[PDB]
Amino acid sequence: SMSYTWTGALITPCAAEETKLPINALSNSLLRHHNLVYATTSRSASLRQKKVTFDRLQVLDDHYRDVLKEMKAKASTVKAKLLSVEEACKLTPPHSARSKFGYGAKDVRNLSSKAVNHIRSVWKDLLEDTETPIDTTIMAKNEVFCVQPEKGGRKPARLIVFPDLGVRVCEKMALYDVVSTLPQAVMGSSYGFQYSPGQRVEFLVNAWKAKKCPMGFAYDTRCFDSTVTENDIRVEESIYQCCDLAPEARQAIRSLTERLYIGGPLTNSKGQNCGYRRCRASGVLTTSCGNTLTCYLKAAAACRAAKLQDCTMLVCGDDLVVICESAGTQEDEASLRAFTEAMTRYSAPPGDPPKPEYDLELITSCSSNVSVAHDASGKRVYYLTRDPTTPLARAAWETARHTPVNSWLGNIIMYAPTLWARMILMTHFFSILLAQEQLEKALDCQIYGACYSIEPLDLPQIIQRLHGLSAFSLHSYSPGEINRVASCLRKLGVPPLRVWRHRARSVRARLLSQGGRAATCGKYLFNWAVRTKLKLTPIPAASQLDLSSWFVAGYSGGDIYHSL
Ligand SMILES: CNC(=O)c1c(-c2ccc(F)cc2)oc2cc(N(CCO)S(C)(=O)=O)c(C3CC3)cc12
Ligand SMILES: C[C@@H](O)C[C@H]1OC[C@@H](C2CCCCC2)N(c2cc(C#CC(C)(C)C)sc2C(=O)O)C1=O
């Protein structure tokens, strides 16, 4: 069937969409080539509709059936509870899209009778009706990028498909406990999202180095959500039903699957019927968990079909990395073609064909790669990095324009050990927060696609927990990493190292003088900037942070909230 059918009505905006970086001194102190920065709009939505629209001709085999049987047996070792209306309400982000029925995210979060009574009636409707398609809104995402006139044209906007706020709260009541516990039980060490960034890089290095002769590859499916079939979504539901669940949860999961997850009508911001979806909705609670289970199921079966030796997989939704024992260069090339053919039959063809890699640092997945540096004690440290262009372009945009859910803070958290996050992002944003007396103001940001409320003052403790103490003292960055950052500085017109060092020395002196958490920021984050370095020891308060509920993936809806 077609992933989408369209009526011809347009995907419309709900507000004015800015496309350019405004004239701003604080943003210009970050990058001067402002004309290179753009934001996508609904005007390019038809280019994205074309890319995501295609027929799926899925064929399953014994390898797929065998893997599915193993996954179902492991899902039967899970027990999940229904969340109460109150518990699901508190998981709703403060800027979550308002309901069409006269209440918003604030009303849901503060348990207003109007919001709570509406959610309870949406719940009873899911129990009583297991067939009627649930409405969804289709919107074009406005995201910021830097122009790249090598691969020509600017990026078209991404699309987001989501049901009403009332339905979203119900999805949490039925499935939040499932999506946050089931993948670890079914896929064990292969479940990518459960690892912190520091644990992820350590796992990757140890999985790689444990092989006699390693070969690895990233497998990037072209338009994963569109490749997901009605049968894939019903198989995902059969896995959920293997859990030990309450009767109402079983009924609500069956109803959400048939009415929402398998497909439904698409409505624009104007209330016009845009078409029909027969694939994964990008903005549903199960998007991340469903994509992970489906991608794992297809990949594990394709590993068997390809006869890859000692397949070790890391799965984060649609992002897949396979590490195996090499059988020789020609044999590995043949095995990869067989893997791709198997994935293609299962309705997961690649964007670009995978290439076998024999150097861990040359694999890219989730836009990231493993790089190496040394710490204050001279110890070799592996860490994850990425090209800094998109993070810096977004950082300049978010400096000049208010953004309710920022990217710079999540980027500092996820990429804390990196040369670019340390030299630029931390220096720039601590300078502004200090000057504006906003160090204590908690900000909404995203980590693994879910929303977090974080106070910038807690960054040293968060960084220590997620990356380790070494994150505050890395030196001897690789030449490849130095070049990638220097190229970005040249391209975007960012000030050089000497300028960031001067700014960081000034920021550090002011933070230290404030004492308390601000002094920890100055001491740890900016120890690189001073000649006479302070001794960095484990921060006692770091173990106080409750991170037990962290790392539940929210892509692409981002409709999960946690306050630190
Ligand atoms: C299957 N792919 C993966 O597991 C990931 C790889 C990867 C794996 C193998 C390899 F050879 C090179 C890179 O790098 C990552 C970076 C992030 N992060 C950034 C998310 O934007 S992070 C640095 O916070 O950990 C995440 C976050 C989404 C969970 C996942 C991955
Ligand atoms: C403060 C400085 O004069 C001293 C010293 O601090 C330690 C590190 C850095 C600093 C910035 C913040 C993170 C640690 N460092 C560094 C900077 C690099 C670079 C670059 C380009 C892209 C600008 C050309 S390469 C590198 C390394 O150690 O290999 C330094 O040179």
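The chain is numbered in sequence order, starting from 1. Each ligand, and each atom within it, is numbered from 1 in the order the structure gives.
- Among the options MAK683, d4T-TP, BTA798, HCV-796, the match for ligand 1 is HCV-796.
- In this PDB structure, the PDB entry names the chief binding partner of HCV-796 (ligand 1) as NS5b.
- In this structure, the protein non-hydrogen atom closest to atom 11 (F) of HCV-796 (ligand 1) is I363 CG2, 3.2 Å.
- Of the listed residues (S190, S368, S367), the one carrying the non-hydrogen atom nearest atom 16 (C) of HCV-796 (ligand 1) is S368.
- The protein non-hydrogen atom at the shortest distance from atom 18 (N) of HCV-796 (ligand 1) is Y415 OH, 4.3 Å.
- The PDB entry identifies the source organism of chain A as Hepatitis C virus (isolate 1).
- HCV-796 (ligand 1) lies less than 4.0 angstrom from a heavy atom belonging to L314.
- Using 4.0 Å as the cut-off, no other ligands or ions are found near HCV-796 (ligand 1).
- Taking 4.0 Å as the cut-off, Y555 counts as a neighbour of HCV-796 (ligand 1) on heavy-atom distance.
- For atom 14 (O) of HCV-796 (ligand 1), the nearest non-hydrogen atom of the protein is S365 O, 3.3 Å.
- In terms of protein heavy-atom proximity, atom 29 (C) of HCV-796 (ligand 1) is closest to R200 NH2, 3.4 Å.
- Residue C316 places a heavy atom under 4.0 Å from HCV-796 (ligand 1).
- Bonding summary for HCV-796 (ligand 1): no covalent bond to a chain.
- For atom 21 (O) of HCV-796 (ligand 1), the choice among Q446, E357, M414 with the nearest heavy atom turns out to be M414.
- If you look at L204 next to HCV-796 (ligand 1), the close heavy atoms, those under 4.0 Å, all belong to the side chain.
- Under a 4.0 Å criterion applied to the non-hydrogen atoms of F193, HCV-796 (ligand 1) contributes the atoms 28 (C), 29 (C).
- Defined by non-hydrogen atoms within 4.0 Å, the binding site of HCV-796 (ligand 1) is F193, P197, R200, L204, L314, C316, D319, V321, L360, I363, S365, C366, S368, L384, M414, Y415, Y448, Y555.
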